Undergrad: 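Consider the following structure, which includes aprepitant.
The residues of the chain are indexed from 1 along the displayed sequence. Counting starts at 1 for both ligands and their atoms, in listed order. Structure determined by X-ray crystallography, 2.7 Å.
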Amino acid sequence: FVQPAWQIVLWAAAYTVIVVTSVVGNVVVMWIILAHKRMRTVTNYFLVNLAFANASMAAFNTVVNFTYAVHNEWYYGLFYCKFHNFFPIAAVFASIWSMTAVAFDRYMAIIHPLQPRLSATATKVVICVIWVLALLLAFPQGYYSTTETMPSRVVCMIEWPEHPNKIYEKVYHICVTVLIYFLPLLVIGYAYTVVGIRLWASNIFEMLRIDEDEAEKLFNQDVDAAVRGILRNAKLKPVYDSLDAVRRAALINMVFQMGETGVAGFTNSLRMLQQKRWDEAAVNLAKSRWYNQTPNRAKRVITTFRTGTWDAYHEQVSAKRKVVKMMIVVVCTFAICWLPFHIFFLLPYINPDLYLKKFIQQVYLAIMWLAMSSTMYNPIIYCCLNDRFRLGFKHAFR
Ligand SMILES: C[C@@H](O[C@H]1OCCN(Cc2nc(=O)[nH][nH]2)[C@H]1c1ccc(F)cc1)c1cc(C(F)(F)F)cc(C(F)(F)F)c1
């Protein structure tokens, strides 16, 4: 019942913001990658496909979806009725599976470096396939879309053939929802956790192999022997118990080098770590004879005590971590934007009367705004979290 003019203009402005920032932003992103030829990096080829799918959905559907929702009248005829119901499914499938292709490409480059799967022709055939499967999946929704002509208006409504309980319509809707939301997010979710652990995490075995032809060193049995010994030692047990897993590895690393007795000698530094005075302990340990004899190892161990991270046992400058952080954000943005949408359309099966009663028009206009805003965020994310992308946007200015 809430229908004031003060609100409609305020919403129309909120919706145009989407159409402009999505077209402007994604046309520039497509330009940055395609024109440079140095930028054509397989991951960026899928980002072009994602930028096209985004920009297309904003241009074709935003005006048409907003006007129908505001006036409850279909102005654009039977063809555009079929088209506005077909295109969003195809464009969302293409977007989320281009994101999955990027995730699979990173997973392959990071976890399986010896088996290459990146090829310019293959990337083109993947993008080609993604779109074929997207248009096929969207087809039944477009096929059953039609107009109904009435005395005061025209109505665009989707009508499936009459069946005892309309199973095919409900099965189709669930299948689309799984293919464009739940399933690819599970695949991307899997890929970036494994990749995330590889790029950011580490362990004592990884550590000891770096700090310590010839026979292979057996750390497995000695690490457990080193833990059993520290917990038997009165001078080392309170410190060790107080420490997080990362710092515990730094303390064990020291025991592997000097032994239980030699480590127990650093009484002051061990009390600093126990008191959680990291920088103080780091400063005192760099003054030791141990640091003098082996500065490179000691600097790595000290950094582990100072930061409480695996930073010393990973590369300093990595273009790999920059992309993975950027793409994790993009996917999390997608998952957020589409969740209320899918719940809104999933609910007519659980509680059919719950929607129609209240002022769901202001609810739907908020929910549809969120869903459609997923189309404009990606260029913004690229400028904030990537150097070469933000410099590319600056170059497109007169
Ligand atoms: C075309 C439209 O579809 C909805 O509105 C019509 C009925 N339809 C329920 C139904 N009736 C059937 O017969 N099948 N499904 C809805 C629906 C269909 C599939 C879904 F996965 C979710 C909702 C739609 C779909 C998406 C998408 F693709 F992202 F989902 C995004 C957007 C936009 F962002 F532009 F507003 C619009």
Undergrad: Report, using the naming of UniProt, the chain with the greatest number of heavy-atom pairs under 4.5 Å to aprepitant.
TA: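 The largest share of contacts goes to Substance-P receptor.
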Undergrad: Which TM segments of chain A, numbered from the N terminus per UniProt, have a heavy atom under 4.0 Å from aprepitant?
TA: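 Segments 3, 4, 5, 6, 7, UniProt numbering, each with a heavy atom under 4.0 Å.
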Undergrad: Report the overlap between the UniProt CP-96345-binding residues of chain A and the residues with a heavy atom under 4.0 Å from aprepitant.
TA: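 Going by heavy atoms, UniProt's CP-96345 binders that qualify: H173.
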Undergrad: Which residues and nucleotides from other chains come within 4.0 Å of aprepitant, counting heavy atoms only?
TA: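 On a heavy-atom basis, the binding site is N65, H84, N85, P88, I89, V92, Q141, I158, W160, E169, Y172, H173, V176, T177, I180, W338, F341, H342, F345, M368.
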